[PDB]
Amino acid sequence: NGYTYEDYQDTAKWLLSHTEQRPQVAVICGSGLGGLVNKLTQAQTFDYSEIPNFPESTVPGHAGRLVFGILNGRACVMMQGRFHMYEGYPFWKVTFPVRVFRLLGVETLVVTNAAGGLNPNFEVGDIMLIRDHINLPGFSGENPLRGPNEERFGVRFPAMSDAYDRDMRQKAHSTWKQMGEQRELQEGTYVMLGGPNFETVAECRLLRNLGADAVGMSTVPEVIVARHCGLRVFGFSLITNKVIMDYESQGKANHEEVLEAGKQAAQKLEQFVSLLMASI
Ligand SMILES: O=c1[nH]cnc2c([C@@H]3N[C@H](CO)[C@@H](O)[C@H]3O)c[nH]c12
Ligand SMILES: [Mg+2]
């Protein structure tokens with residue numbers, strides 16, 4: 001790390017004193033998913049740049065704003081845009097907001113992201129509930145929890161086998177049924193790698209063989225820090241593109257189309273998330 005416990009406190013107290021909102025839920029909006037803040041009522045926005053100690057969103061499709069508001073009668077705070085290791089941020093910076101949210105009184109964290117589909121049965125536009133994850137950078141020691149442990153947040157060796165709340169994923173499926181959607185709510189394992197380049201065909205095949213259903217360059221570190229500090233976690237990936245799996249294909253992954261997919265699914269995702277508020 002690099003932040004002191006007081007640093008998180010300072011930031012939390014700053015927010016608590018600049019808004020009347022008191023969120024119980026925090027939502028992290030991934031690439032092209034900033035539209036999830038659109039239906040919040042009594043909304044109050046803070047650019048990340050005005051919040052002490054907050055990193056900056058430099059990726060297109062990430063507004064870089066913290067939006068407090070009410071969603072379906074639930075007080076929430078949304079990260080309209082997030083941070084990634086490939087931007088040059090160590091995980092202790094990428095996940096700074098998560099601990100701030102805990103110090104604000106938040107109890108649940110909803111993580112979302114745009115991801116490449118590895119499961120051949122996935123189609124662009126699909127919503128995949130994250131049932132589990134594979135932390136590749138963690139295998140190497142790249143972890144937000146690396147270094148002295150802050151007992152005021154959590155224990156030295158947190159368990160991750162139950163990271164994605166079982167109860168919330170049951171409600172997610174029940175709720176999806178109420179939406180009367182054409183496609184079924186997908187569910188699977190999200191694997192995180194560093195980026196920023198998109199994967200090669202050989203890497204794609206290997207990742208699928210590891211048992212991964214979707215691939216991305218975010219989320220996992222946020223989930224680890226969330227669980228460490230006691231937050232209930234729920235999340236999903238919007239399958240924005242199908243990773244190229246063969247050498248005969250003329251396709252090629254690109255951020256522009258990833259952002260387009262997010263816009264086309266934004267509406268359906270908003271309703272789903274809003275409906276879910278009632279479940280929390
Ligand atoms: O096929 C993919 N591989 C790796 N990342 C992504 C993404 C996510 N969106 C960004 C790039 O489109 C980046 O932050 C990554 O986490 C979408 N599709 C893919
Ligand atoms: Mg206001």
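The first residue in the sequence is number 1, and the count goes up from there. In each ligand, atom 1 is the first atom listed, and ligand 1 is the first ligand listed. Note that these values count all heavy atoms, side chains included, but never hydrogens, waters or copies made by symmetry.
- The drug candidate or drug found at ligand 1 is named forodesine.
- In this entry, more contacts with forodesine come from one chain than from any other, and UniProt calls that chain Purine nucleoside phosphorylase.
- UniProt's purine D-ribonucleoside-binding annotation for chain A and the heavy-atom shell under 4.0 Å around forodesine share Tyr86, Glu199, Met217, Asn241, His255.
- Contacts between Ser31 and forodesine, counted as non-hydrogen atom pairs separated by less than 4.0 Å, involve the side chain only.
- Contact annotation for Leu259 and forodesine: no heavy atom of the residue comes within less than 4.0 Å of the ligand.
- The closest approach between any non-hydrogen atom of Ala253 and forodesine is not below 4.0 Å.
- Using a 4.0 Å heavy-atom cut-off, the UniProt phosphate-binding residues of chain A near forodesine come down to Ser31, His84, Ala114.
- For the pair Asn113 and forodesine, no heavy-atom separation below 4.0 Å is found.
- Counting heavy atoms within 4.0 Å, the binding site of forodesine comprises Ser31, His84, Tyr86, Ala114, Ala115, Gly116, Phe198, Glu199, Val215, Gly216, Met217, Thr240, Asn241, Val243, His255, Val258.
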Under 3.5 Å, N/O to N/O: give me all the pairs between forodesine and the protein, one per line with atom names and distance.
from, atom 1, to, atom 2, distance (Å)
forodesine, 1 (O), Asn241, ND2, 3.1
forodesine, 3 (N), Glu199, OE1, 2.9
forodesine, 3 (N), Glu199, OE2, 3.2
forodesine, 12 (O), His255, ND1, 2.9
forodesine, 14 (O), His84, NE2, 3.4
forodesine, 14 (O), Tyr86, OH, 2.8
forodesine, 16 (O), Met217, N, 2.8
forodesine, 18 (N), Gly116, N, 3.4
forodesine, 18 (N), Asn241, OD1, 2.8

